[PDB]
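Note: structure shows boceprevir (bound form) engaged with Hepatitis C virus.
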Amino acid sequence: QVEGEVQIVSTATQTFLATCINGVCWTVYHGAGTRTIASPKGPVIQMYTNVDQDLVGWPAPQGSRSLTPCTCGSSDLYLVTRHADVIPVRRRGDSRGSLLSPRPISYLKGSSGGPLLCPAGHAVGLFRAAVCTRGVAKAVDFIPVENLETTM
Amino acid sequence: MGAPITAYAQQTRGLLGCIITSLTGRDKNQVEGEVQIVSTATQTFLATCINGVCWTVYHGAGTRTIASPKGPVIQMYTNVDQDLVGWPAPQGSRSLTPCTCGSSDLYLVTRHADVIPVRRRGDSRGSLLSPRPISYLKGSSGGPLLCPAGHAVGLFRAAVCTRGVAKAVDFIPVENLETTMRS
Amino acid sequence: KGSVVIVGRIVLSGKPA
Amino acid sequence: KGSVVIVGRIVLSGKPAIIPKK
Ligand SMILES: *[C@](O)(C(N)=O)[C@H](CC1CCC1)NC(=O)[C@@H]1[C@@H]2[C@H](CN1C(=O)[C@@H](NC(=O)NC(C)(C)C)C(C)(C)C)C2(C)C
Ligand SMILES: [Zn+2]
Ligand SMILES: [Zn+2]
């Protein structure tokens with residue numbers, strides 16, 4: 001009867017991730033758009049949509065548990081992929097982080113919307129997009145939890 | 001373990017099975033994990049397994065034996081002053097390792113399996129980066145304070161509170177564990 | 001614009017339960 | 001006196017995992 005913080009979601013064209021933080025189920029606008037989320041009681045609309053910050057959010061679905069925002073300002077981040085792989089990342093800036101070991105872009109594919117955890121497993125940000133040179137993802141862009149907290 | 005520090009809890013015994021087991025001192029349940037949620041008839045707290053010994057606060061365990069599959073197990077170490085007691089770690093538990101890196105940023109694992117950050121302010125203190133109500137910290141005595149690497153730095157002992165909100169936590173650094181074993 | 005469906009879940013703690 | 005009894009556990013060794021669809 002375990003509960004997940006990260007939901008592996010998908011539209012018709014693609015698949016990505018969503019992350020429950022503070023009762024809201026967040027994900028990237030370039031994945032969901034204005035799309036409504038499925039519920040056993042029918043489609044439930046986004047509580048938040050923010051094309052600018054690339055952020056959208058519906059109320060957390062069932063079988064989900066919320067992530068706690070980071071409160072230690074650590075720069076040693078960890079990215080969780082749609083395959084539940086953890087990728088060590090060093091925060092290079094407000095919304096930028098460098099992978100400690102670059103991976104083929106394919107490795108991070110479908111993980112957008114996922115969480116960027118701090119050493120305590122708290123939400124630091126939401127994976128926005130991979131920044132890669134040639135075919136290798138060296139860094140990642142991410143939506144800081146503050147944006148989310150701000151949007152709430 | 002490793003990083004990020006994530007943890008989960010699992011209850012394994014109810015109030016009545018607990019009381020019977022306390023008396024019989026014989027517990028046949030399977031053990032897993034490095035931190036055991038533990039209870040006496042007076043209170044519930046935590047016990048952390050570091051290097052094969054299952055340590056907890058003396059102010060919680062007293063000189064009680066720990067219920068095991070072979071009947072009560074006597075304490076290996078007791079130290080009223082260090083406020084520590086330890087039994088051989090139960091069979092099936094996994095042990096942590098002392099923090100060999102003197103990290104200033106510690107992570108407290110609560111009874112509810114929450115990892116909350118605390119900033120070390122001395123050998124046995126750390127500011128709770130996010131103040132929590134005392135009620136939330138209750139039951140976490142004996143829990144581990146981990147460094148970013150997942151290693152034991154200390155065991156949660158008491159809360160530094162005011163108006164019912166704790167802003168810091170007093171803990172027993174792993175150093176006292178070794179000195180308690182040497183004593 | 002359709003509906004986003006959850007096709008799976010990830011538990012960060014690794015909780016089996 | 002009464003024995004201290006284990007009524008639960010906290011596991012730190014768990015790693016993220018896709019909850020099995022069963
Ligand atoms: C644990 O034993 C437990 N039952 O989980 C308990 C946890 C605290 C956190 C809220 C409840 N610890 C204690 O009760 C601890 C034991 C007594 C006094 N304790 C306290 O934490 C008190 N604070 C305190 O004494 N603070 C210092 C040492 C002055 C900094 C409380 C008033 C919060 C209960 C002893 C032996 C220190
Ligand atoms: Zn943090
Ligand atoms: Zn360490």
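Just so it is clear: chains get the letters A, B, ... in the order the sequence lines come, proteins before strands, and each one is counted from 1. Counting convention: from 1, in listed order, for ligands and their atoms alike. Quick check of the header: X-ray crystallography, 2.7 Å. Note: hydrogens, waters and symmetry copies are ignored here, and every other heavy atom, side chains too, is used.
The structure holds boceprevir (bound form) at ligand 1.
The heavy-atom neighbours of boceprevir (bound form, ligand 1) at a 4.0 Å cut-off, by chain: B.
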